[PDB]
Amino acid sequence: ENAXXXX
Amino acid sequence: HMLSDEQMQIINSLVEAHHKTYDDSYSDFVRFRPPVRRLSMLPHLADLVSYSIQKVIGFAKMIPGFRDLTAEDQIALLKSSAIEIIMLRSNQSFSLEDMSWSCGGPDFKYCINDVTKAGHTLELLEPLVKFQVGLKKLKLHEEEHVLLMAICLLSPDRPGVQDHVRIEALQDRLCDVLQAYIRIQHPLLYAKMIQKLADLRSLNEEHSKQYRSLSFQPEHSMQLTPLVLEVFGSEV
Ligand SMILES: C=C1/C(=C\C=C2/CCC[C@]3(C)[C@@H]([C@H](C)CCCC(C)(C)O)CC[C@@H]23)C[C@@H](O)C[C@@H]1O
């Protein structure tokens with residue numbers, strides 16, 4: 001999954 | 001004895017940042033997993049803290065200069081200070097009359113007993129409540145409250161920080177704003193506020209200690225959120 005990308 | 005236009009705009013930016021990221025109605029709390037009273041309060045408080053971490057991220061992004069830092073520096077600052085900013089920002093819901101955090105209704109009123117049902121002991125909750133009392137007695141203006149949060153977040157002495165000089169220069173400018181604000185508005189408070197930052201370090205330590213015992217039990221770590229696991233985790 002696309003998790004620090006909430007920078 | 002006068003606040004500069006840039007210093008005034010820094011305060012305006014921070015107050016506006018806090019208003020955009022702190023909802024006094026607490027109407028979003030109904031979307032958390034419900035509180036119930038083996039660690040019955042962990043799901044609700046995990047959602048509460050996870051929700052608050054995302055608010056702290058939005059607040060940090062609106063701090064003047066924070067966006068100019070590298071992505072790695074922004075993440076390192078937030079990871080290390082998130083629990084402290086949450087403890088600071090929670091003073092707005094803390095009440096000396098109740099000695100608890102009141103967030104609109106009895107379902108969302110959190111006392112020490114509630115947090116023990118989330119895996120934490122009095123070794124953390126007692127100093128945390130004593131901290132909330134001492135901070136509440138300072139009667140900080142909203143300007144001082146948000147400046148203290150920005151100063152806490154822009155601390156240069158945090159694990160994983162690369163550009164220590166640039167971050168300290170940003171924090172130093174925030175401290176000069178706070179000192180100039182206090183001199184104008186309060187004809188000792190600054191030393192009291194700086195002391196609270198040292199208190200937050202001790203609370204950060206004890207929470208990290210107790211979070212490790214919590215997160216090392218698979219039955220409990222799986223009740224946390226992805227954001228909580230990443231921010232409070234030891235991953236570098
Ligand atoms: C969130 C905020 C609020 C209360 C903060 C509290 C009350 C309950 C217990 C808390 C959440 C402490 C707990 C020790 C944190 C434990 C989290 C975990 C279980 C993952 O280890 C830290 C702050 C305390 C409400 C509102 O002020 C927003 C603020 O933003």
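Chain identifiers are assigned alphabetically (A, B, ...) following the order of the sequence lines, protein sequences preceding nucleic acid strands; residue numbering begins at 1 within each chain. Both ligands and their constituent atoms are indexed starting at 1 by order of listing.
The molecule at ligand 1, chosen from calcitriol, basmisanil, toceranib, is calcitriol. The chain forming the most contacts with calcitriol in this entry appears in the PDB entry as Vitamin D3 receptor A. Other chains in heavy-atom contact with calcitriol below 4.0 Å, by letter: B.
Of the protein's non-hydrogen atoms, B:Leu128 CD2, 4.0 Å is the one closest to atom 12 (C) of calcitriol. With respect to atom 9 (C) of calcitriol, the closest heavy atom belonging to the protein is B:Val115 CG2, 3.6 Å.
At a 4.0 Å heavy-atom cut-off, calcitriol does not touch B:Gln92 at all. In this PDB entry, the source organism listed for chain B is Danio rerio. The ligand atoms of calcitriol that sit less than 4.0 angstrom from a heavy atom of B:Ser52 are 1 (C), 2 (C), 29 (C), 30 (O).
My check of the UniProt calcitriol-binding residues in chain B for heavy atoms under 4.0 Å from calcitriol returns B:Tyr22, B:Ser52, B:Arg89, B:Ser93, B:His120, B:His207. For calcitriol, the main contacting UniProt domain of chain B is NR LBD. Here is the list of calcitriol atoms found below 4.0 Å of a heavy atom in B:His120: 14 (C), 16 (C), 18 (C), 19 (C), 21 (O). Counting heavy atoms closer than 4.0 Å to calcitriol, residue B:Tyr22 contributes side-chain atoms (C-beta onward) but none from N, CA, C or O. Residue B:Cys103 approaches calcitriol through these ligand atoms, each under 4.0 Å from one of its heavy atoms: 25 (C).
Short contacts between calcitriol and B:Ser93, defined as distances under 4.0 Å to a heavy atom of the residue, involve ligand atoms 25 (C), 26 (C), 27 (O). Contacts of B:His207 with calcitriol, taken as heavy-atom pairs under 4.0 Å, involve the side chain alone. At 4.0 Å, heavy atom to atom, the residues around calcitriol are B:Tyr22, B:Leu42, B:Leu48, B:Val49, B:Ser52, B:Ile86, B:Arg89, B:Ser90, B:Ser93, B:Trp101, B:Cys103, B:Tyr110, B:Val115, B:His120, B:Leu124, B:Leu128, B:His207, B:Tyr211.
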